[PDB]
4 protein chains.
Amino acid sequence: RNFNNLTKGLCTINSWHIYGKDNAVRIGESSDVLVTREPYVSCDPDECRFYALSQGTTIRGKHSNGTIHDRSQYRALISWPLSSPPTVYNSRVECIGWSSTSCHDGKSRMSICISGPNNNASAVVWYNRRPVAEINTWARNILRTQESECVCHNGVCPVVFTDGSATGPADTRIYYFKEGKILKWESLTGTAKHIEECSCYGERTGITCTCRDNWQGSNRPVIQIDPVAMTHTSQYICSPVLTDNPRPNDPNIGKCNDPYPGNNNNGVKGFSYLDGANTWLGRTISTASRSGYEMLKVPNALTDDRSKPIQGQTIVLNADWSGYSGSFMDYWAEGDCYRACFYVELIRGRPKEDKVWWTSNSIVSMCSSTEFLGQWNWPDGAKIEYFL
Amino acid sequence: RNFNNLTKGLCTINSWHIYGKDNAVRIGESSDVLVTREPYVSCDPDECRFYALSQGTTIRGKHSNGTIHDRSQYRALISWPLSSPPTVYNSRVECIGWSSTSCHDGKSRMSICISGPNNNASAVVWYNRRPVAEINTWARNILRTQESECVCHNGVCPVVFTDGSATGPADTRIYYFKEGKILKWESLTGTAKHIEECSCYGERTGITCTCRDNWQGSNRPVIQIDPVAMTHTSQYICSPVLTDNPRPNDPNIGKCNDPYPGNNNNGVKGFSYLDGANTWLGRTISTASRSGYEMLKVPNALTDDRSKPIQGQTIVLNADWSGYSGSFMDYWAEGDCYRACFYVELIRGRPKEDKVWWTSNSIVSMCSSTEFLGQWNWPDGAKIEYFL
Amino acid sequence: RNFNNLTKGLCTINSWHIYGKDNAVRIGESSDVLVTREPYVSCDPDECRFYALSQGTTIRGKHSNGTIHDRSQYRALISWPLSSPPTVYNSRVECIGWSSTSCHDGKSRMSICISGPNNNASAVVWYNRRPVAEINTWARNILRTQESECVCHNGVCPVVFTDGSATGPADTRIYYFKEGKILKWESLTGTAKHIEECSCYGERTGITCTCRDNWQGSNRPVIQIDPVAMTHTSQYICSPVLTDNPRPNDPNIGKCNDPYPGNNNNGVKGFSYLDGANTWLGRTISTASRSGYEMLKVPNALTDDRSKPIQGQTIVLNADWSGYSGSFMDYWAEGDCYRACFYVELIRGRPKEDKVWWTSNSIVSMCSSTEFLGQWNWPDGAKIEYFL
Amino acid sequence: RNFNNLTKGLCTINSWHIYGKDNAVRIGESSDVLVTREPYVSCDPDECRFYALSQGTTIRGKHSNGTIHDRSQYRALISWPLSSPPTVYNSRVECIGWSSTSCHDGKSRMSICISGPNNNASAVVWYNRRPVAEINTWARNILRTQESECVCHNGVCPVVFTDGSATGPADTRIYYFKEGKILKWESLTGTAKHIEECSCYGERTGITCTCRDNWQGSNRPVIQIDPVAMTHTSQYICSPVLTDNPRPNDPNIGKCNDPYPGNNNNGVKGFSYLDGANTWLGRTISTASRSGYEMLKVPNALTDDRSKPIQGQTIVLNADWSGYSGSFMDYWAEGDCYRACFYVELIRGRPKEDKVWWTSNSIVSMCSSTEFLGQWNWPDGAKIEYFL
Ligand SMILES: *[C@@H]1O[C@H](CO)[C@@H](O[C@@H]2O[C@H](CO)[C@@H](O[C@@H]3O[C@H](CO[C@H]4O[C@H](CO[C@H]5O[C@H](CO)[C@@H](O)[C@H](O)[C@@H]5O)[C@@H](O)[C@H](O[C@H]5O[C@H](CO)[C@@H](O)[C@H](O)[C@@H]5O)[C@@H]4O)[C@@H](O)[C@H](O[C@H]4O[C@H](CO)[C@@H](O)[C@H](O)[C@@H]4O[C@H]4O[C@H](CO)[C@@H](O)[C@H](O)[C@@H]4O[C@H]4O[C@H](CO)[C@@H](O)[C@H](O)[C@@H]4O)[C@@H]3O)[C@H](O)[C@H]2NC(C)=O)[C@H](O)[C@H]1NC(C)=O
Ligand SMILES: *[C@@H]1O[C@H](CO)[C@@H](O[C@@H]2O[C@H](CO)[C@@H](O[C@@H]3O[C@H](CO[C@H]4O[C@H](CO[C@H]5O[C@H](CO)[C@@H](O)[C@H](O)[C@@H]5O)[C@@H](O)[C@H](O[C@H]5O[C@H](CO)[C@@H](O)[C@H](O)[C@@H]5O)[C@@H]4O)[C@@H](O)[C@H](O[C@H]4O[C@H](CO)[C@@H](O)[C@H](O)[C@@H]4O[C@H]4O[C@H](CO)[C@@H](O)[C@H](O)[C@@H]4O[C@H]4O[C@H](CO)[C@@H](O)[C@H](O)[C@@H]4O)[C@@H]3O)[C@H](O)[C@H]2NC(C)=O)[C@H](O)[C@H]1NC(C)=O
Ligand SMILES: *[C@@H]1O[C@H](CO)[C@@H](O[C@@H]2O[C@H](CO)[C@@H](O[C@@H]3O[C@H](CO[C@H]4O[C@H](CO[C@H]5O[C@H](CO)[C@@H](O)[C@H](O)[C@@H]5O)[C@@H](O)[C@H](O[C@H]5O[C@H](CO)[C@@H](O)[C@H](O)[C@@H]5O)[C@@H]4O)[C@@H](O)[C@H](O[C@H]4O[C@H](CO)[C@@H](O)[C@H](O)[C@@H]4O[C@H]4O[C@H](CO)[C@@H](O)[C@H](O)[C@@H]4O[C@H]4O[C@H](CO)[C@@H](O)[C@H](O)[C@@H]4O)[C@@H]3O)[C@H](O)[C@H]2NC(C)=O)[C@H](O)[C@H]1NC(C)=O
Ligand SMILES: *[C@@H]1O[C@H](CO)[C@@H](O[C@@H]2O[C@H](CO)[C@@H](O[C@@H]3O[C@H](CO[C@H]4O[C@H](CO[C@H]5O[C@H](CO)[C@@H](O)[C@H](O)[C@@H]5O)[C@@H](O)[C@H](O[C@H]5O[C@H](CO)[C@@H](O)[C@H](O)[C@@H]5O)[C@@H]4O)[C@@H](O)[C@H](O[C@H]4O[C@H](CO)[C@@H](O)[C@H](O)[C@@H]4O[C@H]4O[C@H](CO)[C@@H](O)[C@H](O)[C@@H]4O[C@H]4O[C@H](CO)[C@@H](O)[C@H](O)[C@@H]4O)[C@@H]3O)[C@H](O)[C@H]2NC(C)=O)[C@H](O)[C@H]1NC(C)=O
Ligand SMILES: CC(=O)N[C@H]1[C@H]([C@H](O)[C@H](O)CO)OC(C(=O)O)=C[C@@H]1NC(=N)N
Ligand SMILES: CC(=O)N[C@H]1[C@H]([C@H](O)[C@H](O)CO)OC(C(=O)O)=C[C@@H]1NC(=N)N
Ligand SMILES: CC(=O)N[C@H]1[C@H]([C@H](O)[C@H](O)CO)OC(C(=O)O)=C[C@@H]1NC(=N)N
Ligand SMILES: [Ca+2]
Ligand SMILES: [Ca+2]
Ligand SMILES: [Ca+2]
Ligand SMILES: [Ca+2]
């Protein structure tokens, strides 16, 4: 086996087609399905799998009570076969913790989980299913990472971490791993003012990450990483099509180098594909809450502070709950280009649906098509009343 | 690995022997068995598996309520080991959608699922477990396909699609795929007047598909495909042994080039093996409803408008519910001929059994023997009262 | 891979050690464990597995009601990992039917299942997981076979079948298969007067089968098969240590060539290892019912009509229910001799425990040791009251 | 494949990081999780797995009643994927019995299970999943072994057994196996006065086992084994940091060659890593009961009868139940040193929590880091009240 190199451009995105959906909450009403949140998708050279943070209980289990909670000793990164639900019997534990990332370099998979109390957390880096390196908290305030897949080039896999405040300046680092070993780390540079939960993808130009500014911004910060030189820059998506949640209404002029103001101390993990005229942005439909999901074709969104949509696709109706979203691609697929993909976390339960005492999710996932395909909408599909 | 070529004739069919049966509804009374419908069987070079459209819920789950419904966002093509039931824990999702086909070409498997609203549906073509091609609706009226396996020759796998009315002229296309890529498509030609849910098999002569005329005909339309030239013809089974359901009583003269009249706007997926004196037709025993199933040896049924049975075998008693039926063969088995096989869907629940609120099925499957074997009958075997 | 040859003698049997136990009924009180009966054990070159006839329902499922029944359309031969219980999720279906045998020839496994009504049953012979040959009933009276593993030599695998009365002369045939194909069959010859449910093992001398005379005999008939010449002989175990159930008390003179009288029209599947001074016989402890199980060292039991035990080992206490027992060996193990093994079916439920409406079993299995090991006893271990 | 050789030293231990945790009791509240106790961890060259003694019932099953019991016919050594819980559907049975050890030699795994009544127990030694050797009780008083992994060097795998009193002098033997065959055994020599449940690890110096003196000592006995010469010595950990439970308070002078007095006829399985200045000891926090767990860096603990801690890490808070603990390492990991690892059994149910009628456990596991990582605590996490 050889390390994968990022040698192709993105395929032209003219629409999105259904890729996967697990209907986990529907099935878990009467099956041993693990409570999860913060899911993602990641491919190996021979298989693509769903990933998420388990809560160490099933949905019907009495221990599902209180699972709105973010960080406990009972969480772990698990993976399971594409479009199956995360069950007790089919889920593989990658590592123990409450914040994660994972990616395959072409030879083996690296998985990283962070665990610990708020003031003493640590990352353990696994490679080929063995622990290889460990990183202690540097700011003693909830060391945390991407919650979706990392990306590798010629064996080098960059990962973005943040340690420090969720509501002010924090200490973000970009780590460069190879075979789970730390090659290098560097402090965040550039104009992004707050960085959390980066969603990344790679192509011949380099690695692009779209992140969450949890402090002042409702535009999304972007980190662009050169995995060969092991350097990066940062800024914001310039477009006035704002893609954080909650967020103000779309103005006519965005901000390239500072947070767009209006909503403080909140946000959601999200993603984009920034590729000139082939640029597509994801966002919740609601500006107030994690509901609905849409894709919008916004040419040169990264660099054009006046850019507006020229095409779109609804993924989840505004009437339905969404949640986290992130990017992944099958780097090992056939063809001359990388097909852009994404997932949307469909959160059910608390805080929005409080007649149940749990919080979980299901997953829907799409990839791009060069066709102009008809659109459907993709709800979680569970009826909360059945759980009462 | 090499692409499979269709180089053999059919084995002589003198009776049918039991091949597989999953007892899914019996077991699902107290196990996490997925609600399904539209099942089939398909072989890989090293394994044969059951396939069906899941409804994204188990039978005992409260979400089984309403599963008479044909098209929802919670359906997916799943496969699972031969004669096991389709469980949450053993089912592999092939793709997402509510109409499907799947076949192995000798090297890898192609699976096709259609999803979307009635007026904006699309097919996604998967090959070696990756999405490769997409096809948008051309008539904006429930794009739909075979609901049983396709067949390949030297890497070319033809698939029959229909888009348009279920009760009048529609737009049927034959697509020719290789490694999931579209080589060619063509509009239906010949004398078949309405085409749905083709059941196909291959042999040295070419590929033969027996379909459902949902409009005016109670005889079955036939499409014969040359996978090398990538051309086809169509007509009806000439025999007065009528094999659609519901249907009129058998006359003494059938129709080769037009629907045999009596029942409009209905039908069921079915199959036949058309092989001169070795011809066998499948049909429900009832002329009114999906109950019972029998095989009838009808020499030259395809071409002889006077042909009647000379031998038969009851598969499912008239007193027991049947449903869809279709053809498959193990193209990778040893020997000098291809052994004809088929499955029968045994539908339980709605609309016929309305004391439960779900609709599901189990599977029975047979293959041919050159012996003259004794016959049994093969009911689903579940007692509906247990589910109340 | 090469066909296995029987080139070794039996290891010296000085005691029996625990080999496997699945505790299926205990676990099935609260897990999705399939109802079974007629279990056995059989080895592949790389794995040994448990086998049994499923009833197509779990124990806790309502369809377990009535499973005392021997022959239904919902039965199948299943296999599952050694000492695990037969669950819905881990059981592999080998073929469909209500009487079976199975064995590996060194290259692939042959499995045979019989299904059908009493007067029209048929065997389907599977090889490398594909149907290869079929055999129709020859006496139209419950065609039936071993219910434990067959044995192969240089690709030839003999199997004993019976068709006809359970209470008078019947038509027994020995079939010789290779790669699932029928090489030859022959009618029973020799002095055995009634043959059912043969338990077989192989060694350099040939294949030895210990069977059940259901008609007049309480001594066990023996068939000795030469798999090279494809011929056989038959007689009874000469020893007055009688090993059928029910049975008279042990006399001082047994019968070599005729049934030992006292109990008619009943019996149980059992086994022995006939090896001169290394001979061990299995039997229920009770003479009246299927309770208890013991092994007895009876030198030259096959040929000496005065032979009595000189050593023994209790396997299951008389106070505990037993059932069928049969032989198997790991022909692919290391060393200079074949280690004798056996299983005992531990039947729970009806007819002996009629407060439940089901009949199932668990399995215990032992292999021989050249040590003189201490003995324990091995009950099923389930408490019937828990199922009420 | 080649036999593994112990060619490296221990990595420098500066802290411990989370390795695995199965949350078995939490999940088993509503899933088919087997009741277990006496768990451990052991690695193959390509996978690391959890091990334990099943009780042949799930936790929610009615047969969980009475599982405080140590030795029954329904126990077996099972293994299952790292950090998954031991379920009916994912657990592999290694052998049948109520005391065990298991280890991989680089080519295949040896597993040993002891079963039988107190006065007639026997060990069966399995190699590459086949029974190879058997050992009868030599003192007729609960033949018993390590309850955690053994260690191999160049194919030789030493195992410590004890037969005889739990409250006075007993007969301890060290057996040396290769491919499951007995090379040699020897009686215990040295100054250890009572030996049970040895926890072992290997490195270039040889194999080191830390055991339980159940008779008079609250310091732990140590056996040091040379697997090449196949010889051993024994003594106690000299340190006044006492690590058995229950135990007296830590004095200022320990005992090298005799039991440290204060608590008789009790103990718990435990472990240590004895490596000069890199020495770390594990122990329960409570001196009275199996609650809490901590690691303490005690330089030269083995040889220095005045040695005290200079660093530590809490693993489980005193308020939470612990239990057995033992050592394992991934001998097949990359790098120049062996990374020390351990597990802690977290016992729930009886005798400490008697509102339920069962006894089970979950597992937490850690490995060493050369970093000085922040510490968390790792409770079982289940709420007993949910089981009422
Ligand atoms: C079968 O399936 C197919 C395939 O899916 C379906 O076809 C799809 O239909 C959907 C729904 O209509 C389309 O999505 C929308 O796309 C438009 C963009 O396209 C329009 O505008 C383009 C740009 O025009 C501008 O520039 C051109 C330069 O050439 C200039 O000519 C023009 O005058 C103007 O200056 C046009 O080019 C384009 O025309 C083309 O396409 C037409 C078909 O769409 C075709 O008919 C034409 O011939 C031509 O080919 C077209 O006019 C997006 O603007 C739109 O997204 C907005 O609206 C949705 C609600 O629907 C909202 O959720 C979005 O967020 C967004 O609107 C918000 O943001 C805006 C930007 O800031 C803001 O301006 C809005 O006020 C609004 O903001 C508010 O809401 C948000 C969200 O809550 C909030 O954050 C803000 O604060 C604020 O409150 C849709 O994405 C697909 O593109 C289309 N696909 C295809 C291939 O056709 C088909 O319908 C299905 N069939 C059936 C029967 O069902
Ligand atoms: C153990 O197992 C074995 C193996 O399974 C069992 O043996 C099987 O038994 C079954 C049941 O009887 C047989 O199935 C039937 O086969 C007949 C066809 O065979 C008969 O007719 C043949 C043709 O005769 C014609 O041509 C010849 C030319 O040579 C000429 O000589 C003759 O005079 C006539 O012109 C005969 O050749 C054949 O004889 C041979 O076989 C005999 C044994 O079967 C043997 O004894 C002979 O010696 C000789 O070897 C034999 O006479 C099918 O016709 C029949 O199917 C019809 O009937 C069933 C109901 O049973 C029905 O469901 C079918 O749909 C069908 O009838 C409908 O359609 C017809 C065609 O349109 C129509 O005419 C009917 O009126 C009827 O239509 C009505 O119902 C349908 C359905 O609801 C509806 O759609 C219509 O609208 C309308 O309302 C059976 O398939 C097996 O062939 C046979 N197998 C073997 C190997 O023997 C055995 O019984 C078991 N043992 C025990 C103890 O149980
Ligand atoms: C720790 O574990 C170890 C290992 O398991 C335990 O040791 C085992 O203990 C068991 C139980 O005692 C033994 O099983 C019994 O074996 C005897 C056979 O051995 C005895 O007889 C031998 C033959 O003697 C004859 O020939 C010799 C020729 O040399 C001659 O010298 C002698 O005088 C006589 O002519 C002796 O050689 C043998 O001695 C040797 O072994 C002794 C230890 O056993 C040792 O002390 C000596 O020094 C010497 O080394 C010994 O005396 C079997 O006969 C017996 O089986 C019968 O009894 C059981 C009930 O216990 C019954 O279930 C059996 O079916 C059978 O009896 C029925 O059938 C008979 C034959 O037809 C019939 O005659 C009986 O009347 C009876 O029939 C009735 O019941 C049946 C069944 O329901 C029914 O069908 C009939 O119709 C009728 O109603 C046991 O198998 C093991 O051999 C022994 N193993 C070892 C290695 O020692 C140890 O106990 C454990 N420790 C503790 C503390 O628990
Ligand atoms: C984020 O995470 C990090 C990483 O985990 C956290 O940092 C960790 O903090 C914990 C908790 O404090 C530490 O564990 C303790 O370690 C001490 C040992 O270190 C102390 O002592 C060292 C030795 O000093 C002696 O020798 C030196 C020679 O140089 C001499 O200079 C000195 O004067 C003295 O003679 C010191 O070297 C060491 O200093 C170093 O480290 C300091 C930080 O720890 C640092 O500040 C310094 O600058 C320097 O670098 C330090 O002073 C252990 O002693 C202790 O374990 C005892 O106490 C715990 C309870 O906390 C108890 O459970 C243990 O069993 C044990 O005490 C029992 O046994 C003793 C021995 O017999 C006995 O003497 C006691 O009385 C007691 O016995 C009683 O209880 C037991 C148990 O029930 C019973 O059996 C008996 O019978 C009896 O009843 C802890 O293990 C970590 O080492 C530390 N890790 C690191 C890397 O710093 C950090 O806190 C987290 N941050 C936040 C904000 O939460
Ligand atoms: C796409 C779709 O809904 N196909 C239908 C099919 C269809 O309604 C008729 O053929 C008419 O066109 O028949 C029905 C049927 O059971 O008769 C099952 C199919 N259900 C599913 N494939 N899911
Ligand atoms: C085909 C069949 O039904 N075989 C029977 C068998 C049989 O009744 C007797 O041997 C008499 O012929 O005995 C019974 C029995 O438990 O005694 C089990 C078998 N049950 C099953 N194999 N399913
Ligand atoms: C064979 C056996 O029963 N071993 C016991 C062990 C034993 O009782 C003591 O060490 C005294 O000898 O301690 C107990 C214990 O939890 O203290 C667990 C073990 N339970 C099991 N291994 N199953
Ligand atoms: Ca924000
Ligand atoms: Ca019709
Ligand atoms: Ca008898
Ligand atoms: Ca002690």
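Read the sequence lines top to bottom; their chains are A, B, and onward. Here chain A follows the PDB entry, giving residues 83-470 in order. Chain B is numbered as in the PDB entry; shown residues: 83-470, in order. Since chain C takes its numbers from the PDB entry, the residues it shows come out as 83-470. In order, the residues displayed for chain D correspond to 83-470 in the PDB entry numbering, which applies throughout. Only this structure's heavy atoms are used, side chains among them; waters, hydrogens and symmetry mates stay out. Just follow the structure's listing: the first ligand is 1, and inside any ligand the first atom is 1.
- Here the macromolecule bound to ligand 5 with the most contacts is known in the PDB entry as Neuraminidase.
- Of azapropazone, zanamivir, zofenoprilat, only one is at ligand 5: zanamivir.
- For zanamivir (ligand 5), the other chains with a heavy atom below 4.0 Å are labelled B.
- Between atom 2 (C) of zanamivir (ligand 5) and the options B:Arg294, B:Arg153, B:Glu278, the minimum heavy-atom separation is to B:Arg153.
- Counting only heavy atoms, the protein gets under 4.0 Å from atom 14 (C) of zanamivir (ligand 5).
- Heavy atoms of B:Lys351 come nearer than 4.0 angstrom to zanamivir (ligand 5) in no pair at all.
- Contact annotation for B:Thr244 and zanamivir (ligand 5): no heavy atom of the residue comes within less than 4.0 Å of the ligand.
- Where the criterion is an N or O separation shorter than 3.5 Å, residue side chain and backbone included, B:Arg157 meets it with respect to zanamivir (ligand 5).
- The source field of the entry for chain B reads Influenza A virus.
- Among all protein heavy atoms, the one lying closest to atom 20 (N) of zanamivir (ligand 5) is B:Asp152 OD1, 3.0 Å.
- By the criterion of a heavy-atom distance under 4.0 Å, the side chain of B:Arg372, and not its backbone, is placed next to zanamivir (ligand 5).
- At least one N or O atom of B:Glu229 sits closer than 3.5 Å to an N or O atom of zanamivir (ligand 5).
- At a heavy-atom cut-off of 4.0 Å, the residues contacting zanamivir (ligand 5) are B:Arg119, B:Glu120, B:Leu135, B:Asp152, B:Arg153, B:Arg157, B:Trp180, B:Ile224, B:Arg226, B:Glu229, B:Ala248, B:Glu278, B:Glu279, B:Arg294, B:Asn296, B:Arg372, B:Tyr406.
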List of N/O pairs, zanamivir (ligand 5) versus protein, all under 3.5 Å?
residue: zanamivir (ligand 5); atom: 3 (O); partner: B:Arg153; partner atom: NH1; Å: 2.8
residue: zanamivir (ligand 5); atom: 10 (O); partner: B:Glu278; partner atom: OE1; Å: 2.6
residue: zanamivir (ligand 5); atom: 12 (O); partner: B:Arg226; partner atom: NE; Å: 3.3
residue: zanamivir (ligand 5); atom: 12 (O); partner: B:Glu278; partner atom: OE1; Å: 3.4
residue: zanamivir (ligand 5); atom: 12 (O); partner: B:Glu278; partner atom: OE2; Å: 2.4
residue: zanamivir (ligand 5); atom: 13 (O); partner: B:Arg294; partner atom: NH1; Å: 3.4
residue: zanamivir (ligand 5); atom: 13 (O); partner: B:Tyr406; partner atom: OH; Å: 2.9
residue: zanamivir (ligand 5); atom: 16 (O); partner: B:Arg119; partner atom: NH1; Å: 2.8
residue: zanamivir (ligand 5); atom: 16 (O); partner: B:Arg119; partner atom: NH2; Å: 3.3
residue: zanamivir (ligand 5); atom: 16 (O); partner: B:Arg372; partner atom: NH1; Å: 3.0
residue: zanamivir (ligand 5); atom: 16 (O); partner: B:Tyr406; partner atom: OH; Å: 3.4
residue: zanamivir (ligand 5); atom: 17 (O); partner: B:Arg294; partner atom: NH1; Å: 3.3
residue: zanamivir (ligand 5); atom: 17 (O); partner: B:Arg294; partner atom: NH2; Å: 3.4
residue: zanamivir (ligand 5); atom: 17 (O); partner: B:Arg372; partner atom: NH2; Å: 2.7
residue: zanamivir (ligand 5); atom: 17 (O); partner: B:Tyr406; partner atom: OH; Å: 3.4
residue: zanamivir (ligand 5); atom: 20 (N); partner: B:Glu120; partner atom: OE2; Å: 3.4
residue: zanamivir (ligand 5); atom: 20 (N); partner: B:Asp152; partner atom: OD1; Å: 3.0
residue: zanamivir (ligand 5); atom: 22 (N); partner: B:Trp180; partner atom: O; Å: 3.1
residue: zanamivir (ligand 5); atom: 22 (N); partner: B:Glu229; partner atom: OE2; Å: 3.0
residue: zanamivir (ligand 5); atom: 23 (N); partner: B:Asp152; partner atom: O; Å: 3.0
residue: zanamivir (ligand 5); atom: 23 (N); partner: B:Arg157; partner atom: NH1; Å: 3.3
residue: zanamivir (ligand 5); atom: 23 (N); partner: B:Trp180; partner atom: O; Å: 2.8

